[PDB]
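The following structure: Bestatin with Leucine aminopeptidase.
Chain IDs: alphabetical, in sequence-line order. The residues of chain A that appear here are 86-254, 262-602 by the PDB entry count, in order. Just so it is clear, chain B uses the PDB entry numbers, and the residues here are 86-603, in order. The PDB entry numbering applies to chain C: residues 85-259, 261-603, in that order. Every number for a ligand or one of its atoms is a count from 1 in the order of the listing. Not the full deposit; the contacts listed refer only to the portion displayed.
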Amino acid sequence: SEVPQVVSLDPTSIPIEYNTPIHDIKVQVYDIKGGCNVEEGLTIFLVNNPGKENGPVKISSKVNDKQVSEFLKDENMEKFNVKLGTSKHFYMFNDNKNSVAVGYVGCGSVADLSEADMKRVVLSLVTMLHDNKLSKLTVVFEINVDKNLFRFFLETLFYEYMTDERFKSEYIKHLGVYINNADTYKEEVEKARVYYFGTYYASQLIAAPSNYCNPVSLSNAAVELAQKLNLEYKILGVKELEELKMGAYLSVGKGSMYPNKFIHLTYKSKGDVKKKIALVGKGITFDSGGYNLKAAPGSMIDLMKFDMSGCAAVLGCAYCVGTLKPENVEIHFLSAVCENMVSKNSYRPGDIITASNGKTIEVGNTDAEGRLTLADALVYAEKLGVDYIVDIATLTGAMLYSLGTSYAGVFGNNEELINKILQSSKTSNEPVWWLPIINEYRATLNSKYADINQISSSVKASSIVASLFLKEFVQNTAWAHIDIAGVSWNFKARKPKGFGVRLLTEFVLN
Amino acid sequence: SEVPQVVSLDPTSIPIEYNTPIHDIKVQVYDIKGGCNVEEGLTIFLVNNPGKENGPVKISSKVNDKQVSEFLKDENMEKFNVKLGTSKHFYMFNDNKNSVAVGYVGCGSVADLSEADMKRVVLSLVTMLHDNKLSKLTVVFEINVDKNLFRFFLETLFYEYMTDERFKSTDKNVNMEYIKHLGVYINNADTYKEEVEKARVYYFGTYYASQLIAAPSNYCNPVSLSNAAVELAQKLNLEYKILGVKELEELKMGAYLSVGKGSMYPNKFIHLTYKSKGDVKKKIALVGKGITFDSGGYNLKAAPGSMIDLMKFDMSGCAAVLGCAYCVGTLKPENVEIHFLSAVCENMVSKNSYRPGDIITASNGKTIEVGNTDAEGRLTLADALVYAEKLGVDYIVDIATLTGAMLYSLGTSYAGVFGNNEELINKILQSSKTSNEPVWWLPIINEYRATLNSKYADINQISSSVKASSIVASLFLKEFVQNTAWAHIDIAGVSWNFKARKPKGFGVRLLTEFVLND
Amino acid sequence: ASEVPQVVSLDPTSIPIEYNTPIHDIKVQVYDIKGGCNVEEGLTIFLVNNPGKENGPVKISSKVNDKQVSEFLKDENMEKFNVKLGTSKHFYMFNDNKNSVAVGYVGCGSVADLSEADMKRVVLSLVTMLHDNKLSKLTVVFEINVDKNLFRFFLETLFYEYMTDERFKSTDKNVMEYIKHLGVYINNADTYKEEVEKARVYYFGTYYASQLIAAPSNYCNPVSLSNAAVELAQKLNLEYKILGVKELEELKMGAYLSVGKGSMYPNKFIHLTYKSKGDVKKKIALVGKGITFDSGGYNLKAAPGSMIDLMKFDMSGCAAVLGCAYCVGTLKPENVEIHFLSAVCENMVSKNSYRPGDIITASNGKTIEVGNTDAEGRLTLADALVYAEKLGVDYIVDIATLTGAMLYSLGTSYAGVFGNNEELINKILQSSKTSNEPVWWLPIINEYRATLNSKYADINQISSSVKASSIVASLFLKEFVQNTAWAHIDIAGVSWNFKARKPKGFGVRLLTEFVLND
Ligand SMILES: CC(C)C[C@H](NC(=O)[C@@H](O)[C@H](N)Cc1ccccc1)C(=O)O
Ligand SMILES: CC(C)C[C@H](NC(=O)[C@@H](O)[C@H](N)Cc1ccccc1)C(=O)O
Ligand SMILES: CC(C)C[C@H](NC(=O)[C@@H](O)[C@H](N)Cc1ccccc1)C(=O)O
Ligand SMILES: [Mg+2]
Ligand SMILES: [Mg+2]
Ligand SMILES: [Mg+2]
Ligand SMILES: [Zn+2]
Ligand SMILES: [Zn+2]
Ligand SMILES: [Zn+2]
C-alpha cells in the first residue's frame, strides 16, 4: 500500500481521470430517410466512390436546408475527391443566417472498410474536431458499416478525440449520427462509451511513466478500480508470494526498490456461474532488461514503461465487465506486477530459480523476464480451476518482424479457445493472427543443469520459443497467449493504443 | 548457352548425378501377417509403446525363425525401451546357422508420429546404415502410418542416406558402400506398394533440388543453371524456352534486368512446360526465385549475421520448381498444364550494378524506386509474375528465399505462405499436409501498403517504416498480379538445414502434391 | 617485364625505388677505445649506462685525447646528469686547437645487457640528435657492452631510422642533409669491424622491403611488384622466372588464381633462385605472402577496426623475401641454393571476383570451400607451398601478414612461428636471436583440425567454430606440405610500425640469418 520514495518529490500515486469530457457528449442517432437537418456546428459526410479510385465526391443524402443543399450540389462536390482520409470543410450561413460548417471525409473506393481504413477516416475527423471550436458534430454515413464497425467508429472517435493532459502543467457537447436503419445501431452507442473508457483507462496506466506507475501504485490503482465497481480484490505482497514459492516472479523483482505486488480481481455473476476464466496480463512497470541491459541499438529502453500493457489491458477489461455485468461467468483478472532493474540485489544471467510448480529454470537472459513472471502467474491461474486461461503480454520484440505494428499474434494449446479469440478479434475490430507453437523447437529449452531453460540459445523464432516456455506452466487447462509487443504502442502518434481491452471484453461477453 | 569464364579453371557446368546409389536399391514390400524372414544383412523393427512412458520394447510381428524368435522374447527385450530415436543392435545365429543382425529404433508413446518425429526415427536408422558394410536392410513396421507417412519415411530415408560427393576429390568416402536391397514388412502391404516408386521419384526431385542448391556459385550461375534446366527438360520431354537478354529487353523486363546488371553472367529466364495429353482443366504457373549468388549488391551483406557465405542458396526457389518439374514430368498427371518459371540472375558489385535510389520500370509499366539493392528477389519476381499472368493461368504460386525475417517469425521448420485467394491458400495448406512439408498461413496486412508509396516512382521496393519485411515483400509482389489467384511461399528460414550443413530441397514435394491433388 | 595496365594515363606504371641511398655514402671508421678518442668536427656522442643504480650519474670512462674536452667531461661535471634510458644532452666547448666541438651522451639505463627494444630506444634518441642539425660527421663512443650481433643491430637500426623515404613527396620535401662520416669507438674494435658491411647490407635489404611495403597499391600492384623483382634479380645476377596466368592455369593453381580473379592486374608468381657456385649442401624455399591490396573481397573489410586503409601492407611477406634475396645475393653464401617465391595478386570486388561459398581446386588437387573471401592469403600460400615442395628442397619457410589475431596474441613486437618440424623451428628461433628480430613459437593444435572438415569440399578454408584464427590458418597451410620440414611466420602484428606510421621491413634479417647460419 505505501509507495516508497527516494526523494520527497517522487510521486506516490498514478493520476487517473474517470470523468472525461467524452462522458458529457450527448449522442443521438437518426435515420437518413426523411433527410438531414444542418442547423449548427460541423456536419461531415462519410463518402466513398466504388471502383473509381480517387474519384469525385458526390453526396446522396437530402439535406433540409437550401443553402447547404446548394453547397452539396454535384458540380461543387466533384472539385473534391474520396482518397481515403482526405477531407475538406467549409463555413457558411444556412437558411437561418446561422454559421454552420459542412464537409466530408473521403472513404476511398472499397465498399467495406477495414478497421485500419476506419481508423484513418476517424483520425481525419478528429483533426477537424481539434481545429474547430464547436458545440456539435454531425456525422452522415453514406458508406456501409455493420453494427460492430459502427461501434468501432464511435470508440475510436471517442478515444482519439480525448486528450491526456495529466502530466501537463472545449469539447463538443452533442454528437448526431445519420445512418440508414438507425434503430439497429442505437444500442451500440452506450456500449461504445464503455469500451472507449476501458481502452482510455488502459491507455492512462500505460502512458503513466515508471516513476508514477510502479508495482505499488499500479496495484493501488487496481484496488481503487475494484472498489468503484464492486469487484472482489486481493493484492499479494512479498511474504505471501514467498509462501506460494513464486521464485520465478520474485527473482525478476529482486533488483527493484518497489516490492512485488500480485493483483487478483474477481468478477462473479449473480446467478449460476457456467464458465470460469482467468485473464493474465504481463505487468512489468519498467523493463530495463536487468543485467542484460537494453543497450543495443533499437532496443527502445525509453519506451519500456509500456511493458505493463498486458496488465493494463486486463484492468481495462475489468472496468468493461464490471460495468456491463455479463451473466453466468466468473472472471479472475490477474497480474504479477514488478519492475526489472539493475542493482546489487538483482538476479543474474545464469541464475537457476524455482517456479511455484517446482520447475527449476536456468536464466539465460535477464531481459526475458516477462515469461518468468507469467510462469508463476499461470501456475496460480491454473490452481483457480478455470475453463480458460488467456494471457496478454508485450513479450517479444520479434513480433515487430513477424506481424509488425497492426496485428497481435495468438498462440495456444487449444484450437477451440484460439478460434474464440479470433472471433473476438473479428467483433472487437482489434486484429489478431494465429501463430503456431512448433514442438520441434522444444528441445532447445532443455537445460544442462536445470529442468528447463528460460531462452533458446539457437532458435531465433523467439515468440514461438516464448510460447513453448509458457506452455510448460499450464498442465491441463485450455490456454492461449496473445503477444502484443508489436501492437501495443502507437509509434507514429506517440501514445498507447490500449490494445486488447475490447478484444478481451468481447471474448468474455460473447 | 556458353558459360563465360574469368580463368580457364572456372567451371562451365554444374555436376549433376542422375543415377544415384539409392536408385540401385531393390525395394520389396511384404505383408507382415505372413511373418518376417530374417536371413541376412540388418533387420530393424520400428517399435512404439502407446501412451506408456519410456515403456519396454515388445515385438508384435511373427518371425519365421525359431532362433530369432527366441532372442526377441519379451523377457529379453524388457531391458530396452521405446524412447523416440533410441536404437539397439543384436547379433545371433538363425535356423540356417547363419549369423544375422537385428535391432530396433524407438518410436515413442504417441500413437501418431509427426513429420519431425519420423525424421528423428529415420536419422537413427541412417546411423545404423553408416559405418556398417551391409548388403541389405529390412524394416518391420510395428507402428502405424498412413500412406503419406509411409511415403515420407521412404523419401526421408533415401534423401538422408544419399551422400553428395560431387565436390570431393582427395577426401572421399573410403568406407561408404550402399545397401543393394531394402525389404519392408507392413500391414496391408498391398496398399503401400504404390508409395515405393512415388517415394523414389519424390526423393530424386528433392535431391536434384539439393544438388543445384549445394553447388557453389562458381559452378551454379545463371548460364549453367539454365543449361541444367534445358538438359532436364530434354530428358523429360518437356517443352522449354530460355529467354536471353535481347528477348528480355523486348519484353521490357526492367526490374529483373536491373538486378543482373552487375554480373558477368547474362540473365537467363527459364520457362519449361508440362502439358497433359487430354483436356486441360487447370493451368498453373510455378515461379521460383533464382538468384545464383546474393551479395546484396551495393547494399553489401556486411552486417553481423547477414550470412553472405550461405548465399549460393538464394536460388532454392528455382531449385524447388525444377525439382517439381522432374516429379511432374515423371509422374505425368492428367488434366493439367504446368509452367515452370525462373528469372535467373546473379546480384553482384561492379561498376555496372544497379544502385540504391535507381528508378527502374517493370514489364507492366510500373516504375519502382529501389531503396535497397539487397531486396533484389522481389524485383526479379515482379517481372516473373507479370510474365506468368500473361500466360493466362488459373493459379500462380511463387516460392522464394525472400526475407531473413522468416527466421524470427516461423524459424527453421515451417515456411510461410501468403496470398490474394483463400481457396488457393487452402490448396497449398492441404499439399503441406500430404507432402509433410510444413507451411503456415501468414497475412498480407493492407495497412502497410501506404509505406510503399514513393514520392517519385509509382511504388517503393521497400518500406520506410515497417519491420515486418516478409509481409511488406508480399504486398510488393501483389502489385504484379492484377486478376489471378496467387500465393507466395517464403522459404528463407526452411531451405537450408543449418545443423546438418546441407540443403533440405524444401518445396519440391509440396509443389508436386499441389499439382497432383488438382 | 610486363606492361602495367592503367585505367587513366596518370596511373603509375612502376614502383619508384631508391637503391643508392645517402646511408650508402657514409664512410664508417671503427677505432679501438684503448687509443683514446679524438674529438673534432661533427657530433661525438658517448653511450653510457650505470649498472645497479637506476637513473645513476653519468661518468665518462674513455680516454679523450684533448685536455679541454677531458676537463669538460670530468666526473664532477658529468655527475649532474643521469643515465635514464633514452635521455640525452648536448655539450659545446673549444678543444685544444681552439676549434669548437659538439659532444653529448645518450643514457643506456642501468641494466648491463640491452634488449633489442632498449637498443632501439637508444638509437631513436641518437637519431633525434641527427635531425634538425646540419652535421658532416657523427662519432659514437661505446661505454656499454654489446656482443657482435648487438653491435651490428645498432648500426642497422641507426641506418634504417635515419633514412627518410621521400619518394612520394613532391611539394613537401624536407628542405635534411645526411652525415658523410660515422666514427665508432669500441673496445676490441678489430673483432667488430666485420659487422660494418654486414650491417650496411642488412639495412638495405630491410629498407628495400620497407620501400616496397610503403609503396601504395596504385604503385605496387602484382605487375609492378614482379617487375621490381625482375630488376632486382638482374642487378644481383640471380636466376628468375615470373609465371603469368597461362602458365598458372597449366599448373592448376586454382586457389591462387581465384583470389586474383577480381583484379584488373593479372597474377604474377615470382620465382628467384640463388645458387652457390660450390657443392650445394642445403636447398631452401622462402615463400612470402604477396597480396598488393587486400580489400577483403566480397567479405569487404568494413568492420570497425578492419584497417582497410593499411592493406597496401599485405605484400610484407613478399617484401621480406625479396629483401632477403638482396642480402643473400650480395653476401653470397656458399653451399646453398635458395628459392625466393611469392604468389602475387590483388584481392578486389568486381563482377569477376570469387565468392563466399565458391569451391576451388588447388594445384595438389585438394578442393577447398571458400568460407570468407578475406581469408585469401592462405589460399595463395596453399598453391605457393605446393610449388615450393615440388622444387625438392630441405626446408620451406613462409612469411605472411596472415591473421589480425596476432595483434591479440603476441601484439606488435614479436612475430609468431608455427611449423611441422621442431629442428626447423629451433633454427628459426636461433635466427631470431642472432638477427634481433623477435619471434615466439606457437603450437599447431591438431584438435582444431576437425573444424576444417567441409560437408562438400575436401577442406574448409576457415573454421566456423574456432576463434584461434592464427592456429587455424597454420592447420590449413600444413595440409599443403606433404613430406618436407616447414615453418610459417605470421607477421600481421609486427610488420607495420603503427606509432611511427611506416613499415619495419620485418623478416629480412631474420630470414637472412637463417640462410647464412645454415
Ligand atoms: C531475449 C528475448 C528472447 C526476449 C526479449 N523480450 C523482451 O525484452 C521483453 O521483455 C520486451 N518487453 C519485449 C519488447 C522488446 C522491444 C520492443 C517491444 C517489446 C526480446 O529481446 O524480445
Ligand atoms: C532488404 C530487406 C528488406 C530484404 C532482405 N532480403 C534479402 O536479403 C534477400 O534478398 C535474401 N536472400 C533473404 C535472406 C537473408 C538471410 C538469410 C536467408 C535469406 C532481408 O531482410 O533478408
Ligand atoms: C577471415 C579470418 C579468419 C582471416 C582474416 N585474415 C585477413 O583478413 C588477412 O587476409 C589480413 N591481411 C589480416 C590482417 C588484418 C589486420 C591487420 C593485419 C593483418 C583476419 O581477420 O585476420
Ligand atoms: Mg525484458
Ligand atoms: Mg538480397
Ligand atoms: Mg584478407
Ligand atoms: Zn519485458
Ligand atoms: Zn536474395
Ligand atoms: Zn590478407
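In the structure shown, the parts corresponding to Bestatin are ligands 1, 2 and 3.
Other chains with any heavy atom closer than 4.0 Å to Bestatin (ligand 2): B. Within the structure, Bestatin (ligand 2) has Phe398(B) among the residues with a heavy atom less than 4.0 angstrom away. Intersecting the UniProt peptide-binding annotation for chain B with heavy-atom proximity to Bestatin (ligand 2) (under 4.0 Å) gives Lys374(B), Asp379(B), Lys386(B), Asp399(B), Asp459(B). Here's the thing with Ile547(B): none of its N/O atoms is less than 3.5 angstrom from an N/O atom of Bestatin (ligand 2).
Residue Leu487(B) touches Bestatin (ligand 2) through its backbone alone, judged by heavy-atom distances below 4.0 Å.
Comparing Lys386(B), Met392(B), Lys374(B) against atom 8 (O) of Bestatin (ligand 2), the shortest heavy-atom distance belongs to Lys386(B). There are UniProt Zn(2+)-binding residues of chain B with a non-hydrogen atom under 4.0 Å from Bestatin (ligand 2), namely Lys374(B), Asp379(B), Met396(B), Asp399(B), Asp459(B), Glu461(B). The N/O atoms of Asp459(B), backbone and side chain alike, include one that comes under 3.5 Å of an N/O atom in Bestatin (ligand 2). For chain B, the entry records the source organism Plasmodium falciparum.
The nearest of the UniProt-listed active-site residues in chain B relative to Bestatin (ligand 2), at the least heavy-atom distance to 1 Å, is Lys386(B), 3 Å. Taking all heavy atoms of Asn457(B), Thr486(B), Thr465(B), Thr458(B) into account, the minimum distance to atom 1 (C) of Bestatin (ligand 2) is reached by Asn457(B). When heavy-atom distances to Bestatin (ligand 2) are checked against a 4.0 Å cut-off, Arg463(B) comes that close only through its side chain, counted from C-beta outward.
Every atom of Bestatin (ligand 2) with a heavy atom of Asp379(B) under 4.0 Å away is listed here by number and element: 9 (C), 10 (O), 11 (C), 12 (N).
Looking at Bestatin (ligand 2), you won't find any N or O of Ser554(B) less than 3.5 Å from one of its N or O atoms. By the 3.5 Å distance cut-off applied to N or O atoms, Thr488(B) is not counted among the residues near Bestatin (ligand 2). Of all the atoms in Bestatin (ligand 2), the ones that sit under 4.0 Å from a non-hydrogen atom of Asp399(B) are 12 (N).
Using 4.0 Å as the cut-off, the other ligands and ions found near Bestatin (ligand 2) are ligand 5 (magnesium ion), ligand 8 (zinc ion).
Considering backbone and side-chain atoms alike, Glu461(B) places an N or O below 3.5 Å from some N or O of Bestatin (ligand 2). When the heavy atoms of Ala558(B), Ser401(B), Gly402(B), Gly489(B) are ranked by distance to atom 21 (O) of Bestatin (ligand 2), first place goes to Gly489(B).
The binding-site residues for Bestatin (ligand 2) (non-hydrogen atoms, 4.0 Å) are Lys374(B), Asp379(B), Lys386(B), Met392(B), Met396(B), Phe398(B), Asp399(B), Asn457(B), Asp459(B), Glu461(B), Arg463(B), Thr486(B), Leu487(B), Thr488(B), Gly489(B), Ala577(B).
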